[PDB]
2 protein chains.
Amino acid sequence: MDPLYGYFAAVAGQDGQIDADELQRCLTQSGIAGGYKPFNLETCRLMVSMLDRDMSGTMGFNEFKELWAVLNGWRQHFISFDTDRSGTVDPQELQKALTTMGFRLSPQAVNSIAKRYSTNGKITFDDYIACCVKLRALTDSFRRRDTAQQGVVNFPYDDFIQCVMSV
Amino acid sequence: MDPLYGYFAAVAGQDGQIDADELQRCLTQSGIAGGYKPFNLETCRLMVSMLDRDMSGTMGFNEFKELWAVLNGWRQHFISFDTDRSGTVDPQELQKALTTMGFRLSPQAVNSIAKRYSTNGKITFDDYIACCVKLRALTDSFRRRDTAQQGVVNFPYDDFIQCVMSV
Ligand SMILES: COc1cccc2c1C(=O)c1c(O)c3c(c(O)c1C2=O)C[C@@](O)(C(=O)CO)C[C@@H]3O[C@H]1C[C@H](N)[C@H](O)[C@H](C)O1
Ligand SMILES: [Mg+2]
Ligand SMILES: [Mg+2]
Ligand SMILES: [Mg+2]
Ligand SMILES: [Mg+2]
Ligand SMILES: [Mg+2]
């Protein structure tokens, strides 16, 4: 028996599967939230999107074990940039946190990411994770259309929507 | 002159310019929502960044006027398929609604949208807008970069991300 099984277990027992609504309950039950403002649902939608890989709208347990790790990894990397444990982070001190944990972008590119997600000036922990989660799946999408291994991908119109809207 | 000024006037004189928290209000104040539930703020950042080239987190009244009209039209098509007055519409009903209002999307593409934005087999009115919103701002970005005029645009990894994280 894995410890993370139980949180996942009690929510949606038979399918062996959880959607965003099911996912949200069991994350914050297990305290990956970890003191901070517990994950709201439209964040959890992306997490599901990221990891289903079949358009199921759901992810099973070993897909769930995988997630908990990524969010722990990212949770601590947040706590570095807000050791006061307020909830928040200013956009510029966020700017570095973005660059650090990998696969990063230029000072001109990074701003775009902190411009959009800046909620009343500050950035929330929920906004932070939700940004990471959105990008990971965008990298992982870009990856799989970049069969050439270049870092430059041709996008048709219908393909570009079909891609971007799924995440 | 214009009846839409009062609703807008009430919400902000930041300059003569509103944010999402304000926009949310004046929409529901104007009752474009129209029986259905107020457009929630998760949607109403899209509505800013859709018509915000200058990354301010703001739109103005003349931009607003565009928005309200697009919605008044979009809303109408929804209410074709929702003679219920329910706030819910099936993902076939959605697929056809996307066609009739002028989107060049394939069988495979709208499937991949409809799948995503559905949650228990039907789509909320709020969701249908945020789907429709997202389309029209991503296609405006694709046509912004398609001065190739081909139906194909080519994307660096640092450009592809900074495109999709703005919306
Ligand atoms: C999210 O991860 C990825 C997933 C799939 C493909 C990619 C990447 C990726 O991160 C990536 C890069 O970070 C870089 C490049 C790249 O092609 C990719 C991917 O293709 C080259 C680069 O010049 C580009 O601007 C083009 O994207 C800059 C950068 O170079 C970095 C990493 C290079 N491998 C090399 O070590 C160079 C010296 O620094
Ligand atoms: Mg799955
Ligand atoms: Mg701080
Ligand atoms: Mg305000
Ligand atoms: Mg503007
Ligand atoms: Mg119906």
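Quick note on labels: first sequence line is chain A, next is B, and so on, each numbered from 1. What you see below is based on every heavy atom in this structure, not just the backbone, and it leaves out hydrogens, waters and symmetry mates. The header says X-ray crystallography, 3.7 Å. Every number for a ligand or one of its atoms is a count from 1 in the order of the listing.
- The drug at ligand 1 is doxorubicin.
- In this entry, more contacts with doxorubicin come from one chain than from any other, and the PDB entry calls that chain Sorcin.
- By chain letter, the other chains having a heavy atom closer than 4.0 Å to doxorubicin are A, B.
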